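A structure with rapamycin.
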Amino acid sequence: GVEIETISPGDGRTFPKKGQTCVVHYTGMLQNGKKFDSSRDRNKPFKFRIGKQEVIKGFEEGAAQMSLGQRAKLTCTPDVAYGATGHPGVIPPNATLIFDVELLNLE
Ligand SMILES: CO[C@H]1C[C@@H]2CC[C@@H](C)[C@@](O)(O2)C(=O)C(=O)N2CCCC[C@H]2C(=O)O[C@H]([C@H](C)C[C@@H]2CC[C@@H](O)[C@H](OC)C2)CC(=O)[C@H](C)/C=C(\C)[C@@H](O)[C@@H](OC)C(=O)[C@H](C)C[C@H](C)/C=C/C=C/C=C/1C
Ligand SMILES: [Cl-]
Ligand SMILES: [Cl-]
Ligand SMILES: [Cl-]
């Protein structure tokens, strides 16, 4: 599943709701240490809708349990990420993924 380790606490009150758009900054790396992406380096926060299966299960389950302003390390086992298939040309089969996510806003 998804394991969450807080980097900085959020407000402890405002969490993503049904129908809301999450606005985050993230950095992703393979558990071996290779960084594969960062919304921070492109200076553009990442947006996705809660409950719309837009992102991998671990990323959305991690964000759903975060409050506004929280930053956390999410460790995603392959069954909540890209599983046996991987993501073509970027994420191999059976990859555990680490995401550093900050919940910036809810729209
Ligand atoms: C260039 O960078 C890519 C993101 C890259 C791709 C490669 C991976 C390593 C990665 O680097 O992100 C990465 O860090 C990663 O693993 N991510 C991104 C951050 C959230 C977690 C994860 C993810 O789920 O990616 C996603 C993963 C790769 C695929 C999805 C996984 C869940 C599954 O249910 C979905 O089935 C459909 C497919 C990619 C996304 O987060 C993008 C935003 C979402 C989609 C494409 C779909 O949800 C699509 O469904 C119709 C939509 O509704 C979108 C909004 C429609 C519009 C037009 C498309 C926009 C595309 C934007 C693409 C972007 C910024
Ligand atoms: Cl790297
Ligand atoms: Cl920015
Ligand atoms: Cl923002």
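In order, the residues displayed for chain A correspond to 1-107 in the PDB entry numbering, which applies throughout. Order of listing sets the numbers, starting from 1, for every ligand and every atom in it. Only heavy atoms go into these numbers, but all of them, side chains included; no hydrogens, no water, no symmetry mates.
All copies of rapamycin taken together correspond to ligand 1. Lab note: main contact partner of rapamycin (ligand 1) (name per UniProt) = Peptidyl-prolyl cis-trans isomerase FKBP1B. Within the 4.0 Å cut-off (strictly below), no protein heavy atom is located near atom 56 (C) of rapamycin (ligand 1). Under the 4.0 angstrom criterion, atom 51 (C) of rapamycin (ligand 1) counts as lacking any protein heavy-atom contact.
Scanning all protein heavy atoms for the shortest distance to atom 37 (C) of rapamycin (ligand 1) gives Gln53 O, 4.5 Å. Protein heavy atoms are absent from the 4.0 Å sphere centred on atom 3 (C) of rapamycin (ligand 1).
For rapamycin (ligand 1), the polar-atom distance check finds an N/O of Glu54 within less than 3.5 Å of one of the ligand's N/O atoms. Remark: among candidates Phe48, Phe36, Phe59, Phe46, the nearest residue to atom 43 (C) of rapamycin (ligand 1) is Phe46, based on non-hydrogen atoms. Of the protein's heavy atoms, none falls inside 4.0 Å of atom 39 (C) of rapamycin (ligand 1). With a 4.0 Å heavy-atom cut-off, rapamycin (ligand 1) is reached by the backbone of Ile56 and by its side chain too. Rapamycin (ligand 1) is contacted mostly by residues of chain A from UniProt domain PPIase FKBP-type.
Here's the thing with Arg42: none of its N/O atoms is less than 3.5 angstrom from an N/O atom of rapamycin (ligand 1). At the shortest separation from atom 27 (C) of rapamycin (ligand 1) among protein heavy atoms lies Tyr82 OH, 3.4 Å. The entry's source annotation for chain A reads Homo sapiens.
Applying a cut-off of 4.0 Å to heavy atoms, one finds the binding site of rapamycin (ligand 1) to be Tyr26, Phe36, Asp37, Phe46, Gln53, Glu54, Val55, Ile56, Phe59, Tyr82, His87, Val90, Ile91, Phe99.
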